[PDB]
Every structure is written in structure tokens, then in C-alpha cells.
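Lab note: Protein cereblon, mezigdomide bound.
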Amino acid sequence: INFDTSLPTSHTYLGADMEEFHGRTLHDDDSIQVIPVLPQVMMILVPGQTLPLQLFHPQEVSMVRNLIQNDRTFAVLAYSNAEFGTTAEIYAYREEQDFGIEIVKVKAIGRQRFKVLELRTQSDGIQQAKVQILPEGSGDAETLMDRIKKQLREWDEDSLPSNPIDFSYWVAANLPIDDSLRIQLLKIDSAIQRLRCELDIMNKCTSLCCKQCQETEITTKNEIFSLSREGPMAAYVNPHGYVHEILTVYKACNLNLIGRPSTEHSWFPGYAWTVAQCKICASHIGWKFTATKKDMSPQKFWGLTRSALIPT
Ligand SMILES: N#Cc1ccc(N2CCN(Cc3ccc(COc4cccc5c4CN([C@H]4CCC(=O)NC4=O)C5=O)cc3)CC2)c(F)c1
Ligand SMILES: [Zn+2]
């Protein structure tokens with residue numbers, strides 16, 4: 001590729017002038033902490049994963065302002081339909097105004113996992129969560145990490161973590177799997193146990209389908225390509241604050257193209273998106289990205305929403 005695999009990770013569609021916070025905050029294990037809960041996101045965050053956010057409502061804008069004064073850390077719960085979650089630490093901040101509307105744009109990172117002990121909704125409607133920090137641990141597993149990396153090569157072609165705990169959350173966050181399996185991987189405390197399950201999951205992986213119809217195969221594990229350092233799967237925020245997880249793939253099937261290619265708010269700079277819908281149900285599965293210059297090495301790719309896809 002000729003693209004910069006570090007620009008998808010900068011989220012420059014959010015504005016190119018953000019504050020940076022370098023400090024870190026790691027709570028101790030078994031510790032019990034009260035943290036604000038992100039109000040609209042319904043995702044399963046993995047430690048290491050990056051969360052882009054676009055906040056408009058006064059209640060949400062004031063919260064994030066109190067987080068910057070305090071820990072800059074909040075809670076993202078894993079919903080079975082919320083007994084576990086992950087913490088997210090803001091590392092970049094930017095305040096905007098549009099027609100007298102205060103917009104906040106934040107970039108956050110998954111940090112530590114937790115088990116919800118108690119929940120509270122407050123006067124502003126923003127929920128708060130009393131969580132016990134779950135532990136990670138020690139140990140090594142090089143045989144496993146190498147067998148998992150052998151399989152990932154038979155799928156696509158040191159962009160991969162070298163630490164068992166870090167590698168385990170990279171597969172957790174980048175494998176094409178159901179949210180029921182992401183939770184299972186998040187309920188484990190040892191990395192060795194997680195890398196094992198993750199190797200089974202991918203040996204039993206299948207094509208991905210349209211979730212609305214369960215009748216069209218859109219793509220497979222062997223078409224996944226990484227155009228970003230983060231990985232083949234990355235979260236992005238649309239113009240209305242809706243965060244999507246996107247699988248980047250070279251070929252997608254059973255999709256129709258609606259509209260003319262556009263560059264506005266593109267998550268992949270230099271490219272242009274066109275809505276792709278299922279050929280049978282017409283449900284929005286994602287977008288087809290196309291290059292604005294003939295010199296760009298990946299001239300076309302697909303970005304598919306993990307929300308519109310179900311494993312076969
Ligand atoms: N309170 C308050 C408040 C809140 C929000 C305000 N405004 C929001 C809109 N902004 C102007 C605008 C208009 C129209 C468009 C067309 O594009 C759209 C439209 C709808 C959904 C999606 C996309 C693109 N897209 C993906 C495709 C893949 C990719 O690469 N990137 C993406 O984003 C989507 O999912 C873009 C920007 C101006 C600000 C505000 F003015 C006040
Ligand atoms: Zn369909």
C-alpha cells in the first residue's frame with residue numbers, strides 16, 4: 001500500500017487541533033471505583049481499542065468537562081442484551097462551537113476491565129457505575145501467539161503486539177466475531193486462556209452475512225486487510241456522534257452502491273465513500289471507499305459495519 005497507516009488512527013476528520021493529555025491513570029486491582037458511564041455508545045470496548053467521540057448535548061458536554069478536571073476516565077459497559085465493562089481514558093480533547101452549540105470531540109483509549117457492582121442514574125440523566133477493577137496477570141505464551149499469527153497470515157499477507165496480554169486484546173478487538181464471543185473473551189483473566197479460545201474461534205470462523213436477512217454472504221476472513229495500524233477493525237464516529245466499528249476488506253459481495261462517491265467526513269483521508277446496501281433487503285451494511293488520486297496504492301476497499309453483519 002502507499003497509504004499512511006497512521007492517519008486512520010489520528011481521526012483527523014474530528015479536527016486537526018486537539019489538546020493532548022500524556023498522564024496515565026491505572027487503578028489497582030480489586031479496587032472499587034465510581035466512574036461516569038458514556039450515555040449513548042452501546043459497544044464492547046477492549047483494552048487498547050481507541051474510542052472516537054463527538055458530543056453535542058449539554059449534559060454530555062458538562063460531564064466530559066468534569067472528567068478533564070478529574071481522572072479523564074469513564075466507563076463503557078458490555079451489554080448482554082451490563083455486568084462487565086472497560087475503562088476509557090481521554091488522551092485528546094477539543095472544544096468547538098457551531099451556531100452557538102458547544103461541541104466536544106474526544107479521542108479515548110480502552111485501559112482496564114471491570115465488573116459492575118452498582119449502577120446509578122443521576123439528575124443530568126448520565127449514569128454512574130461503581131466498578132471493581134478486574135486483574136490481568138502474568139505469564140507467557142509464545143507457541144500460541146505464533147500459531148495465531150500463522151493463521152492471521154494465511155488470511156492477510158511487527159504491526160502485531162509482542163506481549164501476550166496486548167496481543168490477546170488485539171485479536172479480541174480485530175477478529176470478525178459476534179459480541180457474545182467478545183464478552184466471553186473479556187470474562188477471562190489470563191491471557192494464555194484467552195489466546196487459546198481465540199485460536200479456536202478463528203478455526204471455526206465463517207463468512208459474515210447481512211444481519212437483517214441472514215440470507216446474503218458479504219465477506220470472509222480471507223478478505224480482511226489492515227489499512228490502519230490499530231488493525232483490520234477500528235471504531236469511527238460519524239457526523240452525529242454515532243460510533244461504528246468497521247471491518248476493512250478488499251472484496252465484498254451481494255452489495256449495491258447508492259449515490260456518488262463523497263469525501264466529506266471520511267475516516268480514511270484521500271478516499272471517498274459510497275453507501276453499500278444488501279442486494280436482497282437494501283439494509284445499509286457499510287461503505288465502499290475509492291481513491292481520489294490514481295497514485296494511491298489501494299484504489300478501492302470496503303468498510304463494513306460490524307452492527308449490520310452476523311456470523312454464519
Ligand atoms: N447539537 C448539535 C449538532 C450536531 C451535529 C451537527 N452537524 C453534523 C453534520 N455536519 C455537516 C455534514 C452534513 C452532511 C454530511 C454527509 O455525510 C454523512 C451524513 C450522515 C451520516 C454519515 C455521513 C458520512 N458517514 C461515514 C462514511 C464513511 C467515512 O469515511 N466517514 C463517515 O462519516 C456517515 O456515517 C456530512 C457532514 C455538520 C455538523 C451540528 F451542526 C449540530
Ligand atoms: Zn440483507
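Position 1 is the first residue of the sequence, and the numbers go up from there. Just follow the structure's listing: the first ligand is 1, and inside any ligand the first atom is 1. Atoms considered below: every heavy atom in the structure, side chains included; atoms not considered: hydrogens, waters and symmetry mates.
Location of mezigdomide, all copies: ligand 1. At the top of the distance list for atom 12 (C) of mezigdomide, counting protein heavy atoms only, stands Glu264 OE2, 4.2 Å. For chain A, the UniProt (S)-thalidomide-binding residues having a heavy atom under 4.0 Å from mezigdomide consist of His265, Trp267, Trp273. Distance check on atom 2 (C) of mezigdomide: some protein heavy atom falls below the 4.0 Å cut-off. Remark: minimum distance from atom 18 (C) of mezigdomide to any protein heavy atom is reached at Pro239 CG, 4.0 Å. Lab note: contacts of chain A with mezigdomide map mostly to UniProt domain cult. The presence of a protein heavy atom under 4.0 Å from atom 32 (C) of mezigdomide is confirmed. Residue list (UniProt Zn(2+)-binding, chain A, heavy atom under 4.0 Å from mezigdomide): empty. Below 3.5 Å of separation, one finds no N or O of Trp287 facing any N or O of mezigdomide.
Protein heavy atoms all stay at least 4.0 Å away from atom 38 (C) of mezigdomide.
Within the listing of mezigdomide, atoms 28 (C), 29 (C), 30 (O) sit less than 4.0 angstrom from a heavy atom of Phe289. Every atom of mezigdomide is numbered from 1 in the order shown, and the set under 4.0 Å from a heavy atom of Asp98 is 41 (F).
Heavy atoms under 4.0 Å from mezigdomide belong to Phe56, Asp98, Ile101, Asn238, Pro239, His240, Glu264, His265, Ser266, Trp267, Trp273, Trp287, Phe289.
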Short N or O separations between mezigdomide and the protein, below 3.5 Å:
unit_1: mezigdomide; atom_1: 30 (O); unit_2: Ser266; atom_2: OG; d: 3.4
unit_1: mezigdomide; atom_1: 30 (O); unit_2: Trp267; atom_2: N; d: 2.9
unit_1: mezigdomide; atom_1: 31 (N); unit_2: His265; atom_2: O; d: 2.7
unit_1: mezigdomide; atom_1: 31 (N); unit_2: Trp267; atom_2: NE1; d: 3.4
unit_1: mezigdomide; atom_1: 33 (O); unit_2: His265; atom_2: O; d: 3.2
unit_1: mezigdomide; atom_1: 33 (O); unit_2: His265; atom_2: ND1; d: 3.0
unit_1: mezigdomide; atom_1: 33 (O); unit_2: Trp267; atom_2: NE1; d: 3.4

